[PDB]
Structures are given as C-alpha cells and as structure tokens.
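Figure: structure with ensitrelvir.
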2 protein chains.
Amino acid sequence: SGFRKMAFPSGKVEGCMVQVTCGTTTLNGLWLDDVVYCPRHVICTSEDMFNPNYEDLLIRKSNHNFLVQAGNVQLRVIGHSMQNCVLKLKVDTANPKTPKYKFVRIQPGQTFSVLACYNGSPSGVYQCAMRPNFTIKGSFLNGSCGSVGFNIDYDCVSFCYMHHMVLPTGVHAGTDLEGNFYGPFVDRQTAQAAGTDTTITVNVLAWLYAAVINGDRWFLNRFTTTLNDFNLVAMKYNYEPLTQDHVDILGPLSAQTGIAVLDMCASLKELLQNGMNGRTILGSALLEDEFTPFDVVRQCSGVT
Amino acid sequence: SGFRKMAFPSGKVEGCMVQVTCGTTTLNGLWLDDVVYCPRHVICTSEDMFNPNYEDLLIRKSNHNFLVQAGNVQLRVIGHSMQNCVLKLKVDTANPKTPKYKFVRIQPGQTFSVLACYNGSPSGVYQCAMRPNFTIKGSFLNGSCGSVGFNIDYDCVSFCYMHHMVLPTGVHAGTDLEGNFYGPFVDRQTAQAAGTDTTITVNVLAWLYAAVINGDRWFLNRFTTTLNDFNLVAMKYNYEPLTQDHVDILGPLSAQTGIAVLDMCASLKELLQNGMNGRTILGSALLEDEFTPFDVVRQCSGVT
Ligand SMILES: Cn1cnc(Cn2c(=O)nc(Nc3cc4cn(C)nc4cc3Cl)n(Cc3cc(F)c(F)cc3F)c2=O)n1
Ligand SMILES: Cn1cnc(Cn2c(=O)nc(Nc3cc4cn(C)nc4cc3Cl)n(Cc3cc(F)c(F)cc3F)c2=O)n1
C-alpha cells in the first residue's frame, strides 16, 4: 500500500566512494578492486576546462600528481590510464568492500538510483530516469562530479551512470562506466544544449496500473483503442510512440489488474485530451513518467 | 540545481537489519550492540493478533522461542524484555556494524528516511514526513513490520520510527524506538481510524523558496500580508496555522532569496485562492508539503 519514488539501498555503493584531487581540481571517484574510476576532467586546471586537450594534459602528469583519499586513508596511485571520458587510477590496495558488480549501459526510459556525493562523502540518494534526450533531471550541486547511478539485481550492483556536468537548462549529463557519454555531449566547460525531451509513454501506463492497484480508478472507461489510433494522439502531445514490445512488457500488470493494455491506452488518450480537471492520481496532478513497469511490480507486488 | 525527494544514504542502517521469528510469526528487527529491537506483535500467533494480551503471551515464552537471523548467521537469544510496544531481545553477540546512534522522537511535519525491509532484507529507501495526524504516507507491503525510519546528523544515526501497521485508508502507523506510538493507535489487528490530516504550511513555504532558488518565480507578487490575515485564509483551506517560530525557521531561506516570509505568504495566499491554472512549480502541479526548511537548505546550499 502507498506508492513512493523508491531508491535502492545504497550501502553497497557507499563504501566505494573516494575523493580524487589532481592539484587544485577535485571530485568523486569509484573504488572497485584496485582501480579508481573518475571523470578525466579532474586533470584540468581551471584554465584547461574550457577546451582541454586531454591527451596532452595526461602525458604531463605522473602517478604522484593524483591524491586519492578514502575517508582518512590515502591510497597510493601506481598507474593511470584514460578510457574515453573516464580515468582509471590503479592503486596499491584493493577495496575490501568491493561488491559484486558490473558495468551496464541503460536505455532511455530506464530508471536508476543516484548516490550524490561531495568530497568523496555520500550525501543523499534518489531515483531518476534517463530521459529520451539522454539527460537526467537530477539534484546536484557543485562538487558532485563523479557521483554514480546504479541498480541492484539480487546481490549485484549494476553501475550505469557517472555524473559529469550540468547543462544550462539545469539538467545533468554523464557517461557510462566505460566513459562513453549518454547523448551528444563532450566533457568540456562550454554551453551545450539538449535535444527536446518527450514523455516516456510506457512508464505513464505502468504508473496508471499502479494507481488502479492502489484503488485510484476514476480515469478508467469502456473504450478500447488500437496502437495506431493511440500513437496518432501520443505524437500530438510529445509522447514517445508505443510499440508491441512495450505492450508486452506491460503484460504482468495487465494480468494482475484485469485491464488490457489497449484498454488502459484509451484512458490515457482521454487524460491527454481532457486533462485531469483538478483530480489527482496517486497523489499527483501530473502524469508521472519516471516509474518503469519493473519499478511498479517491485513496489506493488514484492522484490527485495 | 534540480530538486528531488532525497533520502539519506542507508548503509549505516542496512547492516543493522535482522529477521525475527517467533513460531510462525516473522518480521524485521534492529540489531544495535547486543540488543535486537522489534515490534512486540511478533509474539502473537494468528489467533492472538486481534486482541492480544501481551503480558500473558510474553510470560509463556522462553529465549529459545525466538529465532533471530542476521543474513545467514543465527543469533543466540539470552534474554527478553518488553518496553511499551517494542520487544528487546538480548543476544550473545554485539553487532560489529553498530553505528553511533540515538533514539529520538520526531514532531509532526518533520521528515525522515525509511529503509523498507522484508524478511530482514533491505529492499528500498525513500523520504517521507510525519503527518499532523501522526500517520505516514509510506510505501509498504506485507512483511515490512519492524522497518525503521531515521535521520543522519554528521556521523550519527537518529532512529525515530519503527513501522508497525497499515490503517484501512492505506496510511501507516508506528512507534518511536522506545515503543510509544505516534498518534492514538494500539498494536492490534483491528480497524483504527486516523484523525483528519492537514497541510504542513511551513513546509509549503520552504518549498516555494526552493522553487525561487531554482528559477521558478511566476507566483511571486508585491503584496505583503500579516500572520493573522494569512492564518485566517490558511484555516479555510485546512492548512496548519503559522507561528512566529515558523517564520523564524524560514529565516535562512528569506535571507538567501531576498523575499520576506510575509511576502512569500502573500503568494501562498494567492495560490490557495486562485489555484495554479495549469502551471507547475518545481515540476509539480500541487503544493508540496513534505520538505522541511532543513531539507531545502541541505539540497539547495550543501550539507553531507
Ligand atoms: C551545479 N552543478 C551541478 N552538477 C554539477 C557538476 N559539476 C561539478 O561538480 N564540477 C564541475 N567542474 C569542476 C569544478 C571544480 C573546481 N574545483 C576546485 N575542482 C573542480 C572539479 C570540477 Cl569537475 N562541473 C563542470 C564540468 C564538469 C565536467 F566533468 C566537465 F566535463 C565539464 C564541466 F563543465 C560540473 O558540472 N555542478
Ligand atoms: C500491507 N502492509 C503494509 N504495511 C504492513 C505492515 N504489517 C505487516 O508487515 N504485518 C502485519 N501483521 C503480520 C502478519 C504476519 C504473518 N506472519 C507469518 N508473520 C506476520 C507478522 C506480522 Cl507483524 N501487519 C498487521 C499488524 C502489525 C502489527 F504490528 C500490529 F500491531 C497490528 C497489525 F494489524 C502489518 O500491518 N502491511
């Protein structure tokens, strides 16, 4: 009962966060086994940030230029290498708190938990989604560079995001853990613009199901639509088109609830055209698109 | 930049969660030093839950009736005692992962993070507020009894909530860690009703400040009101009355923003009377009342 923006427990990640300083530039890094992963922007002095030549800056550095602090313990840098936009600092000590992990790239519309960190120190946890324009609507202040996003699958942490920068619109941009940006951005301190964002339709439908599971039923009706008639309406309102694979993903919720996907699509059509008229769904007055079908199952049926 | 429902990192609590079984009844408990704290409802068999006589049930038990599992490790119960609605199971091993901690009772309107647990296993983290009617709007399934709420002050975990039960309306009720209920509830499986809830006015004002800090300014105006004129309007709309101490708490946000509290109160007056007319604030179409003034400072200025 109830429905909240729920993050994954963050303890397994917290013991991996460290602080990385290179001269007067400092940010967060991720310590797994005997490697520390962090944004390569850390080798920039303030003069280099606008237009860095990262290959040039890196060859001018040595291992002792890199200060890595894990709490009070200092870690000895014994090697360094660049992989796309991340720096890999080999250290002399393997992190005894290394969880089982993997590096995965997520798709637009998927959700993950962020551990926001400052000076190597975990500060807070929240859930967000990768937007279709490859930015996230995070909550980050100065000093959060290197903070990570992750999911938990049983025992295993899947890292999927490393925070790099803020865009002029206030949204955030970053890379996967192999250093490849999400979206068309580059790691330099310039004004870069995001493409126009759209609403994640399958998620809105997942959330309507969650509402029906929690006793909000006022928006349902008899009608059924077809994919094509729906998608014609979706596009007018800046919603991602719906596919057959989307419909199939919503299968478990369809079953548990007794409402066909195309049945629920007709309700969504109505909500889009007529609005909500001061009514709320799951305590919201807007259609919420940052819960996936898996988030709903996890919170309305049970997974630990 | 950005604004999210942010929870505290949960790692320090996660290593304290255990599973407590007494016959066929099972729930979560909190292992600190050599004590395990859990809801006393665990000594009820299914027949006892409607109208337990807890003093009777407890004397009929012995230490070996209590199965406590910390992951795979079983803990040896060497003593038991009841304190109001919580059971204290003394065990033979002190939890090596015990953080610095304290037990504090929170006031209505304050916020805290919940670690929702099942079978002793941490499942998710979210932030919520204690409502003025002493319930919380949580997200909990069967098996979450004993889950805890907490805050973090530097190094120190302040535990403030132990989850007991769900009410017919879908909201949740629990105790502090000394076993005293929040609100007029009792730990038995009967239908109990909550008092009528109200909106936490000081929090709504804290959130309007957060919006101004993040560039949402459309709702501001010239007018100033007085406490008395505002409180006259607040009460018509089921808002908690505002006090001088509330005004003082909003001091830091007033300063950082250049907008007097009574200035912001006039905007809130307008929003209450005219509504928002399809505009949003911080991505919400409702006035949000579950961020305290301290939550806003923490997320818009910086505290780790
Ligand atoms: C407001 N906000 C929201 N998210 C962010 C993230 N972020 C950040 O934390 N820091 C950045 N630049 C740095 C300045 C430094 C000054 N010192 C002493 N050390 C510093 C280290 C960093 Cl990383 N930036 C900007 C930024 C970071 C990049 F990694 C990048 F490739 C381009 C950029 F423009 C930043 O966005 N701040
Ligand atoms: C849907 N929901 C939302 N929150 C809750 C919390 N909660 C819970 O998890 N369990 C409860 N009763 C139990 C049944 C058991 C069956 N077995 C085998 N073991 C059990 C243990 C418990 Cl605790 N309840 C009900 C409940 C729990 C109390 F602690 C109480 F004092 C009165 C109550 F009515 C419950 O609300 N479920």
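Lettering of chains proceeds alphabetically from A, tracking the sequence lines in order. Residue numbering for chain A follows the PDB entry; the residues present correspond to positions 1-304, in that order. By the numbers in the PDB entry, the shown part of chain B spans 1-304. Ligands are counted one by one from 1 in listed order, and the atoms in each one are counted from 1 as well.
All copies of ensitrelvir taken together correspond to ligands 1 and 2.
Within 4.5 Å of ensitrelvir (ligand 1), most heavy-atom pairs belong to the chain that the PDB entry identifies as 3C-like proteinase nsp5. For ensitrelvir (ligand 1), the other chains with a heavy atom below 4.0 Å are labelled A. A heavy-atom separation below 4.0 Å is found between A/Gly143 and ensitrelvir (ligand 1).
Checked against a 3.5 angstrom limit, the closest N/O atoms of A/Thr26 and ensitrelvir (ligand 1) fall inside it. The UniProt domain of chain A that supplies most contacts to ensitrelvir (ligand 1) is Peptidase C30. Looking at A/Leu27 next to ensitrelvir (ligand 1), no N or O pair under 3.5 Å apart turns up. Of the N or O atoms in A/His163, one or more lie within a sub-3.5 Å distance of an N or O in ensitrelvir (ligand 1). At the shortest separation from atom 3 (C) of ensitrelvir (ligand 1) among protein heavy atoms lies A/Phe140 O, 3.2 Å.
Under the 4.0 angstrom criterion, atom 34 (F) of ensitrelvir (ligand 1) counts as having a protein heavy-atom contact. Residue contacts with ensitrelvir (ligand 1): A/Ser144 is placed with a nitrogen or oxygen under 3.5 Å of a nitrogen or oxygen of the ligand (distance criterion only).
The entry attributes the source of chain A to Severe acute respiratory syndrome coronavirus 2. Of the protein's non-hydrogen atoms, A/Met49 CE, 4.3 Å is the one closest to atom 13 (C) of ensitrelvir (ligand 1). Note: other ligands/ions under 4.0 Å from ensitrelvir (ligand 1) - none seen. At a 3.5 angstrom cut-off on N or O pairs, A/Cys145 counts as close to ensitrelvir (ligand 1). The protein atom (non-hydrogen) at minimum distance from atom 25 (C) of ensitrelvir (ligand 1) is A/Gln189 NE2, 4.2 Å.
For atom 36 (O) of ensitrelvir (ligand 1), the nearest non-hydrogen atom of the protein is A/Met165 CA, 3.0 Å. By chain and number, the binding site of ensitrelvir (ligand 1) (heavy atoms under 4.0 Å) reads A/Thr24, A/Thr25, A/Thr26, A/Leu27, A/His41, A/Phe140, A/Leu141, A/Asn142, A/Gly143, A/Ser144, A/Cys145, A/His163, A/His164, A/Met165, A/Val166, A/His172, A/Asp187, A/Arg188, A/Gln189.
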